[PDB]
Enquirer: 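Submitted below is the structure of interest, expressed as C-alpha cells.
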Amino acid sequence: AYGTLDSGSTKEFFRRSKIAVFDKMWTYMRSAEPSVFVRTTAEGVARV
Amino acid sequence: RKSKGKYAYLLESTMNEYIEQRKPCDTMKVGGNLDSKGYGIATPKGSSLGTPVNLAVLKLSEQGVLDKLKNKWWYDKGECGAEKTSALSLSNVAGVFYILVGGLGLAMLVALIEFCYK
Amino acid sequence: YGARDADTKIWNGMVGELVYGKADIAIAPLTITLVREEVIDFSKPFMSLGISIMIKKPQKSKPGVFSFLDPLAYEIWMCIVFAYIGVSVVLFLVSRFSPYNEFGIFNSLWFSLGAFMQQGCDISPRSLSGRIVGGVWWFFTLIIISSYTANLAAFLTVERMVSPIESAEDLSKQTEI
Amino acid sequence: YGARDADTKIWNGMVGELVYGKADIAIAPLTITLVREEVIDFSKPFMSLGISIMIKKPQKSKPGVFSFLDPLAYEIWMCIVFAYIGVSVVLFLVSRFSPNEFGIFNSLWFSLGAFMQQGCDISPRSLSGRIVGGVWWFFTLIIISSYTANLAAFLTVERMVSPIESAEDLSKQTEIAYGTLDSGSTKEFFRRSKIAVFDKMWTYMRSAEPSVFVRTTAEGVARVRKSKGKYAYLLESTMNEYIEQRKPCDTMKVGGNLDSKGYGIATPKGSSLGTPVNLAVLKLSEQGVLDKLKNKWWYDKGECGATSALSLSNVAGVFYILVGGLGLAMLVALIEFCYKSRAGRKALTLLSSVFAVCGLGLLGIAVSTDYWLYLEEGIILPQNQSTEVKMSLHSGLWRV
Amino acid sequence: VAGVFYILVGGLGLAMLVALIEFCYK
Amino acid sequence: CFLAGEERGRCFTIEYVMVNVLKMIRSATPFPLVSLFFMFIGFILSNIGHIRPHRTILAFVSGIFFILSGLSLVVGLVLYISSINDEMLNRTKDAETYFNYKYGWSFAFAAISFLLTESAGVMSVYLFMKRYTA
Ligand SMILES: CC(C)CCC[C@@H](C)[C@@H]1CC[C@H]2[C@@H]3CC=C4C[C@@H](O)CC[C@]4(C)[C@@H]3CC[C@@]21C
Ligand SMILES: CC(C)CCC[C@@H](C)[C@@H]1CC[C@H]2[C@@H]3CC=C4C[C@@H](O)CC[C@]4(C)[C@@H]3CC[C@@]21C
Ligand SMILES: N#Cc1ccccc1-c1cc(-c2ccccn2)cn(-c2ccccc2)c1=O
Ligand SMILES: N#Cc1ccccc1-c1cc(-c2ccccn2)cn(-c2ccccc2)c1=O
Ligand SMILES: O=c1[nH]c2cc(C(F)(F)F)c(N3CCOCC3)cc2n(CP(=O)(O)O)c1=O
Ligand SMILES: O=c1[nH]c2cc(C(F)(F)F)c(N3CCOCC3)cc2n(CP(=O)(O)O)c1=O
C-alpha cells in the first residue's frame, strides 16, 4: 500500500495527473481502506 | 460460499460481476452468459423526454461514458484486486506411509506363513 | 421494478409510477421486456447482461492417497510396472537359458527393484547379456526419477488452479456440483 | 452498410435505401449507432456483440522421440560417452598394473553403474584405482544434478506460460503483435478511446513497424494463422465466433468483448411498420427464437465440433532404449553360450596395430583439412521465415 | 560443465601417475 | 472441549447436533483403539507367560502383537495429522485471520507409546529366542 501526505503538492500531483501510471496510482489511493494518506511526514516515515 | 465448491448459483451477470469484487474474494463468475438482455431508461408512453433520452444513451455509449462508469463502480470501487512457497505437509505424502506400513503388513504375513510351511 | 397483477391489472414498481403518472423517467436497472414496452417507452440498452454462473473460487485441492503418483501420468506408471516385469523375465531368460543360476525369477525381480529405487545391488549379473539388462534399466531409472523430481518442482513452483466447470454445457453433463 | 458523406451529406448504404425511400425495412446486421438513429428507426437489438480478440489455437509441441535427452545438449551426451570410455580404459590399465578381478569387461561395468548411481561390487582396491572411481563418482553427481535441474527449469517455465485471456493481457505482453482492420468501427474505437487499457493498445498499434493493420478481414484471419502464435486480430464478436467454426479449425476467440454494440432492424423513421417490428424482436428474444437461429447458423452448421502430469509421449525413447536394451541382451546370451558350447594372440597382434594405422590416419587427415566447423549466418524476414545466408563459412584448426 | 571434464581427465592423469610410479617402487 | 472463545466449558463429546476437524478425527478413531487392543492382549498374554514359560511359544505371538500395535499406531497418527491439514487448507484465506493448530501432551504420550511398545516387542523377540534356545 502506497500513500502520500494528506495536503500538499504531492497529493495534488496525483489528483490532477493525466499520465496513465499516475492516474492509476491516484485511483488506488483515493479508494483504499484503511487510509493510506498520512497527516505528517514524520508519520509517513514511521508507517514505512 | 458455504458448500465447498459444490453449489453453482445461476444469476444475472451484472450482480455476478459485482459480488466477485466484494469481500470476501470467495466467488467467481464462469463461462459466458446464457441469454441476452438489456437495461433501458424508461419513460411513459408518449413523452417529450423519450427521443432526447434515447439519443443521449447512444451518445454516452459511443463516447465511452457508460464503460467508464462501469469500471468505476464495479472495478475501481472494487475490494478484490487484479506466493512464498510453504513446506510440504504430511497430507501430500501420506500415501507412501500407507504403502510403507501396508508393505510391512504384507511382509510379516509372508514371514509367518512360509517359514511355518517350509 | 414493475409487474402486472393477474386480477387487478395494475402495474407495480417503477413501471406503474410511469404508467399512472407519479414519475417522468425511470433511470434504473429495469429490464427491457415485451410486456413492459407495451405500456412504457424504453431507450436502447445502456447495459447488456444475461444469466451467468457463480461458483466459489478454486483453491488448493485436497490430496488423495495416491497424490504422490501425480507428477507422472498413470500411462507411465503402468508402463514402468510392465517394464519391471519385462526386465526381470529377460534377466531370468538370460540366466536360465544358458548363463555365464544365482539370478532366479525371484532374484531377477530383486535386482531390478533396487535398480529402479536406486539402491545398490546384491551381485553384478556377471554375464554380458545380464549386464545389458542391468545397464539399460539403470539409465531408465535415472530418467524416470529425474522426471519425477523435475515435474514435481514445476508443480510446487507455479500454482495453477482450474475450475471444474467452464460453461453451462459442463453443468448439464455433471451431477457432482 | 451506410455512412453520411461529409461533403455531399448523402447516405450510401442500407441506411441510404431507407432514408431515400427505396426500401421499407432493413433486416440485416446493422449496428445501432448515434448518427444512424438520427435518420432512421431501430428496433431493440436482436444480437449483442462487441470487439473481441482472435488468436490461433495455441499449439502443442510434439516430443520428437529422443526428447528425453533435451535437458543436456548433444555435445554433452557425446562427451559423456567419450568420458565413459576413458574412465573404463584407465580402470583396466591401473588394475592390471597392480598387485585382478578387473578386466576391461569389468571396467566398462564399474563406470556405468557409477554413472547411473547404482553402486558397484568391484572396488578399485588400489589407491591409484580409487582416484579413477572417485572422480567418475563426482562427475556423474554433477551430470545427474544438471539434468534434473535443467529439466525442472523447463517444466517450470512451460507451466508459467499464460495464454491471452483479456485485452489487458495483450496490453502488457508485447511479444504478440495485435492489429485491426485498417478502416472501420474497430479502428475508430481505439482511436477515440479514453479508457486506459484501450488507450495503451492504440499507442502500440499506431506505432508499430511493420504495420499491424490489415486491409481485409480475410487478410486478418490469414495473418493469425501464418504467425503460429504471434498475431492477434481485433474484430467483431460475431465474426470471431463464426470463423472459429470454419475450416481449418485453427483460431479461437479469447476473453469477453471490449465494448458493447447491438444489431437492430431498421425502418424509414416514419413507418407504420416500426412499432410491430420492435415488438416482434422482443417476442422472438423471449421465446428463444433469436438464440435458436444463432445456434443454427453458427454452431449447427459448424465445420468444427462443439493435465500437468508428465506423459508417455515425453519419456518414450527411454522405453525404446529399454526394449532395445533387452533385445540386444537376448542376442548376447545366444552367441556367448554358442561360444561356450563350441569352446589367439595373433589376432591381438593384428587388431592393435591395424587400429592404430587408421587411428594415426583419421586424426591426421582431419587436422589437415578445413571442414571441422560449418557456420551458417544471416538475416530472416517474416516472408514464411525464409532465409538467405549472408555468411557461409568453414573452419579448420588453422585453415579457415 | 566443462570443468568436471577437466577434473575427470585431470583425475585420470593423476591416477596413471600413481599407478606407474608405485608399482615399480613396490 | 472449548475454552476462551465465548469462554464456555461445553464439553460437547460429540454424538449429535453441532468443527469438521472434530468430524475428521472421528474418522481416524479405530486405529488407536486397535493399537490399544493389541497392547492389552500383548500384555495379558505376557503376564500369564511369566507364570507359564513351559513350551516356548508365548512371547513370540505377544511380540507380534506388540509390533502390530505400533504399526497401526503409525497409521493412527498419519490419519490424524493429515485430517488436520486437509481441513486447515479449506478454512478461508484472508490477510486478517489466523488459524493455529498445536499438538498437546495427549498427542505426545500416544507417540511415546509407539517407541515403548515397539522396543518392548524387540526384547519380546529376544527372550523368546532365549527360551527356544534353552
Ligand atoms: C495392512 C494395511 C494396508 C491395512 C489397511 C488399513 C489402512 C493402512 C488404510 C491405508 C489407506 C487409508 C485410507 C486412507 C484414508 C481414507 C479416507 C478417510 O476419510 C477415512 C479413512 C480412508 C478411507 C482409508 C482407511 C484407512 C486406510 C488408512
Ligand atoms: C593433467 C591435466 C589436468 C593437465 C592440464 C591441462 C588441461 C587439462 C587444462 C585443464 C583447464 C584448461 C584450461 C581451461 C581453459 C583455459 C582458458 C582458455 O582461453 C585457454 C586455456 C585455459 C587457460 C586452460 C588450459 C588448458 C587447460 C585445458
Ligand atoms: N504437493 C505435493 C506432492 C508431494 C509429494 C509427491 C507428490 C506431490 C504432488 C504432485 C502433484 C503433481 C501434479 C502434476 C504435476 C506434478 N505434480 C500433484 N499433487 C496433488 C496436490 C493436491 C491434490 C492432488 C494432487 C501432489 O500432491
Ligand atoms: N517434458 C519433458 C521431459 C521429460 C523427461 C525428459 C526430458 C523432457 C524434455 C526436456 C526438454 C528440455 C529442453 C531444454 C532444456 C531442458 N529440457 C524439452 N522437452 C521437449 C518437450 C516437447 C518437445 C520437445 C522437447 C522434453 O520433453
Ligand atoms: O427489470 C428487472 N430488473 C432487475 C434487475 C436486477 C439487478 F440485477 F439488481 F439489476 C434484479 N436482481 C437480480 C439479482 O438479485 C438482485 C435483484 C432483478 C430485476 N428484475 C427482477 P427479476 O429479473 O425477475 O428477478 C427485474 O424485473
Ligand atoms: O452496421 C455495421 N455492421 C457491420 C457488420 C459486420 C459483420 F460483422 F459482418 F456483421 C461488419 N464486418 C466486420 C468484419 O467483417 C466484415 C464486415 C461490418 C459492419 N459495419 C461496418 P464497420 O463496423 O464500420 O466495420 C457496420 O457499419
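Note on naming: letters A, B, ... go to the chains in the order of the sequence lines (proteins, then strands), and numbering restarts at 1 for each one. Every number for a ligand or one of its atoms is a count from 1 in the order of the listing. Shown: partial entry. Contacts: counted within the shown part. Note: hydrogens, waters and symmetry copies are ignored here, and every other heavy atom, side chains too, is used.
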Enquirer: What's the drug at ligand 3?
Expert: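 That would be perampanel.
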Enquirer: Okay, my options are UK-453061, FK-866, TAS-103, AZD4017, ZK200775. Which one is at ligands 5 and 6?
Expert: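 It's ZK200775.
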Enquirer: Quick check: main partner chain of perampanel (ligand 3), as named in the PDB entry?
Expert: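 By most contacts, it's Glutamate receptor 2, Voltage-dependent calcium channel gamma-5 subunit chimera.
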Enquirer: I'm mapping contacts for perampanel (ligand 3). Which other chains have a heavy atom under 4.0 Å?
Expert: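 Chains with a heavy atom that near perampanel (ligand 3): B, C, D.
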Enquirer: What would you say the binding site of perampanel (ligand 3) is, if we count heavy atoms under 4.0 Å?
Expert: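 Using heavy atoms under 4.0 Å, it comprises B:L88, B:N92, B:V93, C:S61, C:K62, C:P63, C:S67, C:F68, C:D70, C:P71, C:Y148, C:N151, C:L152, C:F155, C:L156, D:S308.
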